[PDB]
J.: 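Please take a look at this structure featuring doxazosin.
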Amino acid sequence: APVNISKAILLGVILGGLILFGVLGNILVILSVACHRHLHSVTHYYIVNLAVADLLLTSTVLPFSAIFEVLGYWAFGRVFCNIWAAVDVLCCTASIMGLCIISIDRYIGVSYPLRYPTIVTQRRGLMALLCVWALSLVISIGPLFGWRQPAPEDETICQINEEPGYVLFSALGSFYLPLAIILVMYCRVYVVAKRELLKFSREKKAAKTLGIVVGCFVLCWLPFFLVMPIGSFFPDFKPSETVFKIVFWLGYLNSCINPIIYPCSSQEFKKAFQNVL
Ligand SMILES: COc1cc2nc(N3CCN(C(=O)[C@@H]4COc5ccccc5O4)CC3)nc(N)c2cc1OC
């Protein structure tokens, strides 16, 4: 259907700029971790895992959301709508468990600096990464593909499951449980760092950087997981759908915010970014 030109063009341009910045940042993070040989570690492997997750979030789901916004309605196939929702959930739920294992690794490193290489070894790190990716896949496409509501008869409609039975499970298994794990691990990290040398300081600095990243992610994605379950469990059903869109976009903004954090909070990452550009 016809829509605005100037406003739509401006909105599309700004959104495209956002995706371009996010993709550039994630690619920069991946290249900085990979090409450099002094940035190899299980923590940096988890960092590139998060970079891949939010790069997928910025490269496929984000452009589709931007195009939907510009058009005002769904234009692609219904199968494409389902795959779009599934990829959105998969990326936003794999990032959270990536942060969970990053928090576990940072707790191990802060608590046991000297013995850190003997606990979180390369093999164990990759095993944990693969387990996280598999569990994120399962949690993402279980409630959706498994318990799927009757399909709408309109090809132009691409909505979100509003049934409480799905929103409760998705919020619990995607945000609230991994979030609780992350808070437990970082409260432990904070207490251990404060109560507690050349390697301990490095672990503390990495923990601070990844804690900033985790805080940004949680702040960005909290409004959505607070408004969706509330909307389903209360007479108010996502009031001001505009605000519902704003909370999704704020959540997506973390995908672009994250690459800024690594240089601005880790001088090693700043040097790597400077010398890779
Ligand atoms: C991990 O976080 C999750 C993300 C999810 N994402 C989707 N999407 C994203 C895109 N999308 C929209 O409807 C959005 C929002 O609503 C709209 C309303 C009117 C106009 C446009 C709108 O754009 C369709 C599919 N679906 C789910 N079930 C999700 C579940 C999750 O777990 C709790």
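Per the PDB entry, chain A residues shown: 19-214, 261-341, in order. Determined via electron microscopy, 3.0 Å. Computation of the quantities below employed the complete heavy-atom set of this structure, encompassing side-chain atoms and omitting hydrogens, waters and symmetry-equivalent molecules. Order of listing sets the numbers, starting from 1, for every ligand and every atom in it.
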J.: Which chain makes more heavy-atom contacts with doxazosin than any other chain, name per the PDB entry?
T.: Alpha-1A adrenergic receptor
J.: I'm curious which transmembrane segments of chain A get a heavy atom under 4.0 Å from doxazosin; can you number them from the N terminus like UniProt does?
T.: 2, 3, 5, 6, 7
J.: Per the deposit, which organism was chain A derived from?
T.: Homo sapiens
J.: List the residues forming the binding site of doxazosin, heavy atoms under 4.0 Å.
T.: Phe86, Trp102, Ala103, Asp106, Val107, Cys110, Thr111, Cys176, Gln177, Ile178, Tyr184, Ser188, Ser192, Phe288, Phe289, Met292, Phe308, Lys309, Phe312, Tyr316
